[PDB]
Student: 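Peroxisome proliferator-activated receptor gamma, bound to rosiglitazone - let me ask you about this one.
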Amino acid sequence: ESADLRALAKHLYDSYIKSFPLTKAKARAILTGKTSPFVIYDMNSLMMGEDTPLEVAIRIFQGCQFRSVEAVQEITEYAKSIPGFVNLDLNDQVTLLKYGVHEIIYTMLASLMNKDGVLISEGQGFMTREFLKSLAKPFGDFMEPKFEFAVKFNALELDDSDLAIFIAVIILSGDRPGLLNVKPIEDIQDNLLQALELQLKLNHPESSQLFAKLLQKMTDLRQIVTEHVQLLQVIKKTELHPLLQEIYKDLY
Amino acid sequence: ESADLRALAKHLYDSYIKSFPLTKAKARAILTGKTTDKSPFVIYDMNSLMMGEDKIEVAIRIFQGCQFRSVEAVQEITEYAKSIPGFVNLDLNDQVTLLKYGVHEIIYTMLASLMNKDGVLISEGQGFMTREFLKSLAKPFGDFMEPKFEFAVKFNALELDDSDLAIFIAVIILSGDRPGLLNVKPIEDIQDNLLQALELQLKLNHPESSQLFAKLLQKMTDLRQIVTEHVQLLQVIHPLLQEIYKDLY
Ligand SMILES: CN(CCOc1ccc(C[C@@H]2SC(=O)NC2=O)cc1)c1ccccn1
Ligand SMILES: CN(CCOc1ccc(C[C@@H]2SC(=O)NC2=O)cc1)c1ccccn1
C-alpha cells in the first residue's frame with residue numbers, strides 16, 4: 001500500500017532531521033549565494049583559519065577521524081528509528097552498523113561537497129579540493145576519491161528526504177559478513193526499496209531510471225571504503241581513534 | 001545418480017535448519033569470540049550458579065532441566081523424521097520403534113555442538129555450565145554428564161558442520177537393527193540411500209580428512225553406549241521419557 005510507504009518515508013525524514021544537524025539543504029544553502037564560512041585554499045589561509053608553531057595532515061586526518069566518531073552516534077540513533085531494526089538479533093544490529101557506517105559517512109559527506117572543496121565543522125569552514133590534493137606524501141590523496149564520488153553522486157540531485165530512505169537501504173543490507181538472521185534483514189530492506197522507488201518517482205519525474213542509477217552508486221561507495229582501509233594499511237606501515245579500530249577489524 | 005544425492009543432502013540440510021533452532025554454526029559462534037556483543041552467563045560453581053537464575057537439591061535443578069528440553073528435543077527430532085524421504089510411508093510402529101531407540105542417540109549427538117572442553121551451552125545459548133561444575137554435584141549425578149563430555153570432545157574433533165550433521169541425523173533414525181522392527185527391508189532401503197549421500201557429502205566437504213566416513217560410523221558405538229550406560233544410571237536413583245525407557249535394552 002502506497003500510503004503506508006509514504007508514511008514510512010516521512011518517519012525516516014523526520015528522524016533524519018533529528019539525528020543529523022547539517023542537512024544537505026543547509027549545506028547547499030551555505031555553498032551557494034544564499035546566506036559566511038572561512039575558505040582554506042593554501043595554508044597561509046590555513047592558520048589564519050585557526051583564529052601552531054613551527055604535521056598538519058595528521059590533525060587534518062585525525063580531524064576527519066573525530067567527525068567520523070560524531071557521525072557514528074547520529075547514524076546509530078537514526079538506525080534505531082528504522083522500523084524492525086531494534087527488533088533484530090542485536091548481533092545483526094551491530095554487524096549492520098559495522099558495515100554501514102562509512103558508506104553513510106561518505107554519502108553524507110558528498111552533501112557538504114561541491115567541485116571546489118568541502119564544508120567542515122557544521123559549516124563553519126570550507127577547505128578546498130586542490131589544497132587537500134597537496135598534502136603530505138602518505139596522505140594528500142585520501143580525499144580525492146570522496147570528491148570524485150561526490151561529483152558523480154551530486155549530479156543525481158537528491159534532497160534530504162531522498163537521502164533519508166537511501167541511508168536506511170544502506171544500513172539494512174543482506175550481504176554483510178557476520179549476518180546471522182538474514183530473512184528479517186532482507187524483509188525490511190525490500191520494504192525500504194519500495195519506499196525509495198516511490199519517493200524517487202514523485203520527487204524527480206524528469207529523471208529516468210534514477211532509482212537504478214542510485215543503486216549503482218552503491219558500488220562506488222563501497223569502493224571508497226575498501227580503498228580507504230588499504231590506504232590505512234600504508235600509514236601504520238611506512239609511518240587512530242579507538243572507536244574506529246573496532247569498526248576496521250575483521251573488515252575485509 | 002550423484003546430483004540426486006546432493007539434492008537429497010540439501011532437502012535434509014534445509015529441514016535440519018527449520019526443525020533445529022540451536023544450530024552448530026551459531027553454537028560455535030557463541031563459544032568462539034565472534035559474537036562481539038551478546039555473550040552467555042557462565043556457571044562455574046555455587047555462587048555463580050544462582051546469581052544466574054536472573055540471567056538464564058541442586059542435583060535435581062539441573063537434572064530435570066535437562067529432561068524438559070530432552071522432552072522438548074523429542075518434538076523437533078520426531079518433526080525432523082517426517083521430512084526424511086520415505087519415512088512416513090514406513091510401517092507406523094517401526095516408525096515409532098525407530099524414533100523410540102534413536103531419539104537419545106541424536107540428542108547426545110547434537111549436544112556435542114553445544115559443547116567444548118570447558119562445558120556446555122544451555123537455554124538457547126544464554127547460559128554456560130562448566131564440566132568441572134558438573135562433575136562436582138551431589139549424589140552419583142556427579143558423573144551424569146561426564147560420558148557425554150567424553151563423547152563431545154572426540155566427536156567434535158571430526159570437525160563436522162550442520163550440512164554434514166543433517167544427513168548423519170537421518171542415518172541414525174533409519175537404523176536396521178532396532179528390536180521392535182518387522183518391516184525392516186524398506187528402512188534399510190532408505191538408509192542405504194542416506195549413507196551414499198553422507199559419504200558423497202563427506203568427500204566434498206572434507207577432502208583433507210582420511211576415512212572420515214568410517215570414523216563417523218564408528219562413533220555410533222560410543223553413542224548408544226552413552227544412552228545405555230545412561231539409564232543403567234537412571235536405575236540407581238517426566239512422563240514422556242518413561243514411556244521411552246521401556247525396557248530399552
Ligand atoms: C576536509 N575535511 C572534511 C572531511 O571529513 C571527513 C573525511 C573522512 C572521514 C572518514 C574518517 S577518516 C578515517 O581514517 N576514518 C574515518 O572513518 C570523515 C570525515 C575535514 C578537514 C578537517 C577536519 C574535518 N574535516
Ligand atoms: C549441562 N546441560 C546440557 C545437558 O542437556 C541434556 C542432558 C541429558 C539429557 C537426557 C535426559 S536426562 C535423563 O536422565 N534422561 C533424559 O532423557 C537431555 C539434555 C544442561 C544443564 C541444565 C539444564 C539443561 N541442560
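Sequence lines set the chain letters: A, B, ... in the order given, protein chains first and strands last, and positions in each chain run from 1. When reading the values below, keep in mind they use all heavy atoms of this one structure, side chains included, and skip hydrogens, waters and symmetry mates. Remember, it's 1-based here, ligands and their atoms both numbered in the order they're listed.
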Student: Enumerate the other chains with heavy atoms less than 4.0 Å from rosiglitazone (ligand 1).
Tutor: A
Student: Is rosiglitazone (ligand 1) under 4.0 Å from a heavy atom in the side chain of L244(A), in the backbone, in both, or in neither?
Tutor: side chain
Student: Within the 4.0 Å heavy-atom shell around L232(A), which atoms of rosiglitazone (ligand 1) are there?
Tutor: 14 (O)
Student: Has rosiglitazone (ligand 1) got any nitrogen or oxygen that is less than 3.5 angstrom from a nitrogen or oxygen of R67(A)?
Tutor: yes
Student: To which protein heavy atom is atom 9 (C) of rosiglitazone (ligand 1) closest, and what is the distance rounded to 0.1 Å?
Tutor: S68(A) OG, 3.6 Å
Student: Curious here: most residues of chain A touching rosiglitazone (ligand 1), which UniProt domain are they in?
Tutor: NR LBD
Student: Could you check atom 2 (N) of rosiglitazone (ligand 1) against the protein and tell me its nearest heavy-atom contact, residue, atom and distance included?
Tutor: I120(A) CG2, 3.4 Å
Student: With a 4.0 Å cut-off on heavy atoms, does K146(A) reach rosiglitazone (ligand 1)?
Tutor: no
Student: For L132(A), take its heavy atoms, then give the atoms of rosiglitazone (ligand 1) lying under 4.0 Å from any of them.
Tutor: 1 (C)
Student: So which heavy atom in the protein is nearest atom 13 (C) of rosiglitazone (ligand 1), and how far is it from that ligand atom?
Tutor: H228(A) NE2, 3.2 Å
Student: What is the nearest protein non-hydrogen atom to atom 5 (O) of rosiglitazone (ligand 1), stated with its residue, atom name and distance?
Tutor: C64(A) SG, 3.9 Å
Student: Name the UniProt rosiglitazone-binding residues of chain A with any heavy atom within 4.0 Å of rosiglitazone (ligand 1).
Tutor: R67(A), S68(A), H102(A), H228(A), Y248(A)
Student: Within the structure, does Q65(A) bring an N/O atom to less than 3.5 angstrom of an N/O atom in rosiglitazone (ligand 1)?
Tutor: no
Student: Heavy atom of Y248(A) under 4.0 Å from rosiglitazone (ligand 1)?
Tutor: yes
Student: Non-hydrogen atoms of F61(A) versus rosiglitazone (ligand 1): any pair closer than 4.0 Å?
Tutor: yes
Student: Binding site of rosiglitazone (ligand 1): which residues fall under 4.0 Å, heavy atoms only?
Tutor: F61(A), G63(A), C64(A), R67(A), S68(A), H102(A), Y106(A), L109(A), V118(A), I120(A), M127(A), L132(A), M143(A), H228(A), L232(A), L244(A), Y248(A)
